[PDB]
Each structure stands twice: as C-alpha cells, then as structure tokens.
Colleague: 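For reference, the structure I am asking about is given below.
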Amino acid sequence: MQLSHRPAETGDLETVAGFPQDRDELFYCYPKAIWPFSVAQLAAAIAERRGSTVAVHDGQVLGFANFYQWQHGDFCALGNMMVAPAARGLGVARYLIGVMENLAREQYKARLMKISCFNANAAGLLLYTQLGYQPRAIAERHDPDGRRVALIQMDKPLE
Ligand SMILES: CO[C@@]1(NC(=O)Cc2cccs2)C(=O)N2C(C(=O)O)=C(COC(N)=O)CS[C@@H]21
C-alpha cells in the first residue's frame, strides 16, 4: 500500500459518491443525506465543511473525509469518512484519519479530534478505538425510518 493524499477536486466527486453501498453506509458517514447519494449532496457537504481530502493509491481515489466542526486552538470533528468498497479493511481509513489529525494540528492548532460513530457501525467503533479514540458520551439520534439510534461521541488528544 502506497497511499498519498490531496484536497478533494470536482473530478473526484462521482467516484466518492459511489462509495456508500447502501442506506446504512450512507447514514453512518452522512446522516443528513438522503438515499440515493448524489454528487450534488456530496458537493453540498464539501461547500459547508472544511478540509475535504482524498486518499489515493495506484491512481485510484480510495478514501474521503472532512471536518464538520472546527474551532481554532481547540478541536476539529471528523466526518464523511468513506472508503471505496474494493479497498475496505486495507488501511485507507487509518491512513486518512492520520492525515486529518495532522491537518487539524497544523492548520487549526487543534488539541483534540472528535469522531462520532453510530452504534451499528462496529467496524468504525473498533477502528477508532485502535487509533486511540475514547468514548465520551452517547447521544440519541433518529434514523430515516424514525428509529432511535445511539451516536457514540469519541475523542483523542492530538500530539
Ligand atoms: C453534527 O454532527 C453530525 N450530525 C448529527 O449528529 C445529526 C444527526 C445524526 C443523525 C440524525 S440527525 C454530522 O454532521 N455528523 C457526521 C457527518 O455527517 O459527517 C457523522 C458521520 O461520522 C463519520 N464518522 O463519518 C456522525 S453524526 C454527526
């Protein structure tokens, strides 16, 4: 694996919007979005967020993430974490989370990264745990069917 990163570009949008494979996956990474996902929905998030970044390997965009909260000197909140379905479990999210930690430290002077993860996303919860994130709170949210879900609010000090 020889991963690189760069800011997200218009030409990446169709690729990245292809990453969520079902309503659950879209919910876990972008709960405000409505299935089916679209480039317009992805662009809307990019426009209102900061730091949208892609991970690339062998000419393929394999990952995407951004910040939906940012407070200089304080923290950033990382979301829209998406990984190409053929590249799952190969370290792309771990790589990109590390890049986003460096961005938060360097650009925003953040002392903390927040990551919130829905309860059903076991793989996410375990990944963020392996990367040193700890659970701080659990918040109630509602899914598209009106069912109650638990949002696990985690954080990690940045060094
Ligand atoms: C403002 O916080 C968020 N939204 C809400 O909590 C509001 C709602 C949630 C469910 C119904 S309404 C927001 O935006 N979030 C994102 C995101 O879109 O990136 C994620 C995805 O996180 C990752 N890890 O990719 C977790 S919920 C959190």
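To match the PDB entry, the residue numbers of chain A are left as they are there, and the shown ones run 1-159. Per deposition record, X-ray crystallography, 1.5 Å. Whatever order the structure lists them in is the order used to number ligands and atoms, beginning at 1.
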Colleague: Help me out, what's the drug found at ligand 1?
Modeller: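 The PDB calls it cefoxitin.
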Colleague: What macromolecule, as named in the PDB entry, provides the greatest number of contacts to cefoxitin in this entry?
Modeller: Uncharacterized protein
Colleague: Is cefoxitin less than 4.0 angstrom away from at least one heavy atom of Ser116?
Modeller: yes
Colleague: Got the closest protein heavy atom to atom 11 (C) of cefoxitin, with its distance?
Modeller: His142 O, 3.4 Å
Colleague: From the options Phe64, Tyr28, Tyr68, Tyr128, select the one whose nearest heavy atom is closest to atom 1 (C) of cefoxitin.
Modeller: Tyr68
Colleague: Could you pull out, from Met154, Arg141, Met81, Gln153, the option with a heavy atom nearest to atom 8 (C) of cefoxitin?
Modeller: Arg141
Colleague: Given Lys32, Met82, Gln69, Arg49, which has its nearest heavy atom closest to atom 14 (O) of cefoxitin?
Modeller: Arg49
Colleague: Nearest non-hydrogen contact with atom 27 (S) of cefoxitin belongs to which option: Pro31, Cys29, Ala33?
Modeller: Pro31
Colleague: Could you walk me through which residues contact cefoxitin, taking a 4.0 Å heavy-atom cut-off?
Modeller: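 At that heavy-atom cut-off, the site is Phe27, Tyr28, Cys29, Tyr30, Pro31, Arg49, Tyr68, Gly79, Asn80, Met81, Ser116, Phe118, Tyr128, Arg141, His142, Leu151.
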